[PDB]
Visitor: 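Here's a structure for you.
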Amino acid sequence: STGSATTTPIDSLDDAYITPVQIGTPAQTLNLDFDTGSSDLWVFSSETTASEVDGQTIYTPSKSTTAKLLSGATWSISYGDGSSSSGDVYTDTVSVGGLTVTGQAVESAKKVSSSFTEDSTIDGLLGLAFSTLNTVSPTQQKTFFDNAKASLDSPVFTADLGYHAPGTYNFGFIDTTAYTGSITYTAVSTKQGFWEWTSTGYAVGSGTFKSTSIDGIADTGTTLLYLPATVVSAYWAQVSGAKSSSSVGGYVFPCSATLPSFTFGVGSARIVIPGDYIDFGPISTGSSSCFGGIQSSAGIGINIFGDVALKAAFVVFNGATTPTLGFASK
Ligand SMILES: CC(C)CN(C[C@@H](O)[C@H](Cc1ccccc1)NC(=O)O[C@H]1CO[C@H]2OCC[C@H]21)S(=O)(=O)c1ccc(N)cc1
Ligand code: NA
């Protein structure tokens, strides 16, 4: 089997991407944030505290003839941005772009934190990291991809995110028209539960390539590119007027500035992020200062190849017995 679904930016700056997901019988369609850096599929629901719902579409398990409460199971998750959610667990039928999994664990939120409430465009998360990170207790549950994998034509999914435009998540096949050149594959460590890999280095603009190992995670759920402070300082030093602002929480730059590209290495191959992918718009409404899309990972504990990096590539998440990651230009 295969599936193919379009993913759409939530706003004009690509602050996140949402993908429609059919849950239950009859289908209830929710727009979920596909997140290769976490492993829970959770949704706003009829069980979510009423004051914490503000415009999201909810899943109502009592209206799904295929839903079954998973006895004794609860979940509770805390994310890198300080947000959180928690609740109980149903199994139900879940379809993405024509690919159907029966008995998928659907984590129904009883509580969500303020950031989730305040974002009316995201109805929940669909985690695509490794199932070892799933938070369901006392019996850990599998991701949508893990449940689907054996049925897929090939045990892979691909992310093809657009810059200020929709893109595509495919399951079970590689669309050879979606990229140029070849796909270069690179080793993955699953020891932290992430699609963790080692980039071979970077270049800024037209500068020469610096060979240096950068360990980080391929994360569709993170908006920006978070890298070591040395790398980030070298990038912003090439942007006239850019500065790190402790009040804003990162590097900012004059909104009209010409941003250089940023290149990262995948083995001997190179992925070039165009400069305008690095522009996240005014720091506050009406400001002449803009927020940068490459920021220091100091304090995170891990480097994150988020959407700023991934949207410059066609990315293969290869779930073979020994997982690997593939990157192609496009
Ligand atoms: C989309 C959000 C709901 C989650 N985010 C991305 C997500 O992939 C993070 C990415 C992530 C990963 C590690 C450290 C920080 C952030 N994963 C994460 O927090 O996973 C949690 C699952 O349980 C815990 O065990 C693993 C980490 C925890 S996020 O971290 O909040 C985030 C979102 C946007 C940006 N620009 C930066 C970070
Ligand atoms: Na394309």
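Position 1 is the first residue of the sequence, and the numbers go up from there. Only this structure's heavy atoms are used, side chains among them; waters, hydrogens and symmetry mates stay out. Start at 1 and go down the list; that is how both ligands and their atoms are numbered.
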Visitor: Report the name of the drug found at ligand 1, as recorded in the PDB.
Guide: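 That would be darunavir.
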Visitor: Of all chains near darunavir, which one has the greatest contact count, and what is it called in the PDB entry?
Guide: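 The chief chain, as the PDB entry names it, is Endothiapepsin.
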Visitor: Okay, for chain A, which organism does the deposit list?
Guide: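 In the entry, the organism is Cryphonectria parasitica.
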Visitor: What I want to know is whether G37 and darunavir share at least one N or O pair that is separated by under 3.5 angstrom.
Guide: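 Between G37 and darunavir (N or O atoms, distance only) the closest approach is under 3.5 Å.
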Visitor: Who gets closest to atom 15 (C) of darunavir by heavy atom: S113, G124, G293, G80?
Guide: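 The option holding the nearest heavy atom is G80.
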Visitor: Please report which non-hydrogen protein atom sits nearest to atom 27 (C) of darunavir, along with the residue it belongs to and the distance in Å to one decimal place.
Guide: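 Result: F194 CZ, 3.9 Å.
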Visitor: Which protein heavy atom lies closest to atom 38 (C) of darunavir, and at what distance to 0.1 Å?
Guide: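 Ranking protein heavy atoms by distance from atom 38 (C) of darunavir, first comes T222 OG1, 3.8 Å.
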Visitor: Please confirm whether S78 approaches darunavir to less than 4.0 Å, judged on its heavy atoms.
Guide: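 Yes; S78 lies near enough to darunavir that a heavy-atom distance drops under 4.0 Å.
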Visitor: Does darunavir have a heavy atom under 4.0 Å from the side chain of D35, from its backbone, from both, or from neither?
Guide: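 Under 4.0 Å from darunavir, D35 contributes side-chain atoms alone.
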Visitor: Tell me which protein heavy atom sits closest to atom 36 (N) of darunavir, plus the residue, atom name and distance to 0.1 Å.
Guide: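 Among all protein heavy atoms, the one nearest atom 36 (N) of darunavir is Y226 OH, 3.2 Å.
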Visitor: Nearest UniProt active-site residue in chain A to darunavir, and its heavy-atom distance to 1 Å?
Guide: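 Going by UniProt and non-hydrogen distances, it's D35, 3 Å.
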Visitor: Determine from the entry whether a covalent bond links darunavir to a chain, and give the residue and atom if so.
Guide: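 Covalent bond target: none.
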Visitor: Got a sec? Which UniProt domain of chain A does most of the touching around darunavir?
Guide: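 Chiefly UniProt domain Peptidase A1.
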Visitor: At a 4.0 Å heavy-atom threshold, which residues contact darunavir?
Guide: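 With heavy atoms under 4.0 Å, it is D33, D35, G37, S38, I77, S78, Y79, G80, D81, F116, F194, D219, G221, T222, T223, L224, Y226, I300, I304.
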